Colleague: 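Sharing a structure, written as structure tokens. Questions coming.
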Amino acid sequence: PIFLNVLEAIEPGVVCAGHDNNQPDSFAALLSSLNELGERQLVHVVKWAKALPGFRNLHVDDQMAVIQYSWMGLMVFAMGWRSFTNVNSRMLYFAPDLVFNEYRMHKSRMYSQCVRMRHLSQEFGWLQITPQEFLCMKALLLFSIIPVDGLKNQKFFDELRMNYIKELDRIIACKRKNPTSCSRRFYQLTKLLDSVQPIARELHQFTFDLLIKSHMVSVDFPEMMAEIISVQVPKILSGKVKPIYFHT
Ligand SMILES: C[C@]12CCC(=O)C[C@@H]1CC[C@@H]1[C@@H]2CC[C@]2(C)[C@@H](O)CC[C@@H]12
Ligand SMILES: Cc1cc2ccccc2[nH]1
Ligand SMILES: Cc1cc2ccccc2[nH]1
């Protein structure tokens, strides 16, 4: 399982948010911590992506593009997984020092979005998702959103996406027997993958509005976060860049 060896081998390690928990919760502090966590996580996601099989085939501008458009979903999907494995989806485990309970979900002023994310975490349990299926689905998420106008070199991207989908089928096919199970399983995983986009979309809208009024609510946005959310995210919210869905 060469391909699986790579995903397993390059999977990012634990990342902390640097949150002061001995300090009373507040909107400004929580969101500022989540943002810092984004900056820190982005760094790992970039190093992770550049190490994926065939990623370097993509044109350099397209490499940065898919990462800049997919980080939200990637991060949310991995966050859901940690929440499932660490606390069986009891809370949102953003980081070791940033675990969201119902109080924080509410205090973050993004309770509805958090509920959305916890529900995704629950799915990992309800579908009995394997660590390997998780890994393969996550890799596939990096290639699940592109500009309606296409990429610099769409042809390579298309080839790459086709291969990662082919790998997901392999994972499903192995350790299995019933051809009806393979198809059903693929149906469920693609359904799950699609369910990530609406959550990402809601978060994009939220962080965008947050960046705009950040100065008023006293929320901090690190360099890369401020740049990406003001330059790349708007392209998604305006319909110029959209998710690739399996199902209609
Ligand atoms: C991606 C992060 C940080 C990494 C993670 O574990 C998922 C989580 C989802 C909510 C995001 C947060 C980064 C900072 C954002 C974008 C805030 O501005 C509003 C929504 C937050
Ligand atoms: C490839 C790449 C993507 C990206 C996003 C934010 C900052 C730097 C980056 N390099
Ligand atoms: C996942 C993946 C398999 C593979 C084989 C050849 C070239 C690129 C590839 N990506």
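Using the numbering of the PDB entry, the residues shown for chain A are 671-918, in order. Values reported hereafter were calculated over all heavy atoms of this structure, with side chains retained and with hydrogens, waters and symmetry mates removed. Per deposition record, X-ray crystallography, 2.0 Å. All ligand and atom numbering here is 1-based and tracks the order in the structure.
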Colleague: Could you check ligand 1 and tell me the drug name?
Modeller: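 Its PDB name is dihydrotestosterone.
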Colleague: I keep wondering which chain grabs dihydrotestosterone (ligand 1) the most here. What name does UniProt give it?
Modeller: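 The main binding partner here is Androgen receptor.
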Colleague: Which residue owns the protein heavy atom closest to atom 7 (C) of dihydrotestosterone (ligand 1), what's the atom, and how far is it?
Modeller: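 Sorting protein heavy atoms by distance from atom 7 (C) of dihydrotestosterone (ligand 1) puts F764 CD2, 3.8 Å first.
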Colleague: Check the entry and give the organism for chain A.
Modeller: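 Going by the PDB entry, Homo sapiens.
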Colleague: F891 heavy atoms, cut-off 4.0 Å: which dihydrotestosterone (ligand 1) atoms fall inside?
Modeller: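 Counting from 1, the qualifying ligand atoms are 18 (O).
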Colleague: Could you list the atoms of dihydrotestosterone (ligand 1) found under 4.0 angstrom from a heavy atom of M742?
Modeller: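 Under 4.0 Å from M742, dihydrotestosterone (ligand 1) has these atoms: 16 (C).
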Colleague: Classify the contact between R752 and dihydrotestosterone (ligand 1) as side chain, backbone, both or neither, using a heavy-atom distance cut-off of under 4.0 Å.
Modeller: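 Side chain only.
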Colleague: Could you see which bit of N705 sits under 4.0 Å from dihydrotestosterone (ligand 1), with heavy atoms only: side chain, backbone, both or neither?
Modeller: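 Looking at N705 and dihydrotestosterone (ligand 1), atoms from backbone and side chain both fall under 4.0 Å.
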Colleague: Find all atoms of dihydrotestosterone (ligand 1) within a distance of less than 4.0 Å from any non-hydrogen atom belonging to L880, and give their numbers and elements.
Modeller: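 Atoms satisfying the 4.0 Å criterion: 18 (O).
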Colleague: Find the UniProt domain of chain A where most residues contacting dihydrotestosterone (ligand 1) lie.
Modeller: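 According to UniProt, mainly NR LBD.
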Colleague: Tell me: protein heavy atom nearest atom 16 (C) of dihydrotestosterone (ligand 1), and distance?
Modeller: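 Of every protein heavy atom, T877 OG1, 3.3 Å lies nearest to atom 16 (C) of dihydrotestosterone (ligand 1).
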Colleague: Tell me which protein heavy atom sits closest to atom 10 (C) of dihydrotestosterone (ligand 1), plus the residue, atom name and distance to 0.1 Å.
Modeller: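 Going by distance alone, atom 10 (C) of dihydrotestosterone (ligand 1) is nearest to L873 CD1, 4.2 Å.
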Colleague: Can you check atom 1 (C) of dihydrotestosterone (ligand 1): any protein non-hydrogen atom closer than 4.0 Å?
Modeller: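 Protein heavy atoms within 4.0 Å of atom 1 (C) of dihydrotestosterone (ligand 1) - there is at least one.
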Colleague: List every atom of dihydrotestosterone (ligand 1) that sits less than 4.0 Å from any heavy atom of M749, numbering the atoms from 1 in the order shown and giving each element.
Modeller: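 Those atoms are 6 (O).
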Colleague: Where is the nearest protein heavy atom to atom 3 (C) of dihydrotestosterone (ligand 1): which residue, which atom, and how far?
Modeller: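 The closest one turns out to be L704 O, 4.0 Å.
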Colleague: Return the UniProt-listed 17beta-hydroxy-5alpha-androstan-3-one-binding residues of chain A that have heavy atoms within 4.0 Å of dihydrotestosterone (ligand 1).
Modeller: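 Going by heavy atoms, UniProt's 17beta-hydroxy-5alpha-androstan-3-one binders that qualify: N705, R752, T877.
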Colleague: Report all residues and nucleotides of other chains within 4.0 Å of dihydrotestosterone (ligand 1) (non-hydrogen atoms).
Modeller: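 Within 4.0 Å (heavy atoms), the residues are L701, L704, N705, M742, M745, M749, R752, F764, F876, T877, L880, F891.
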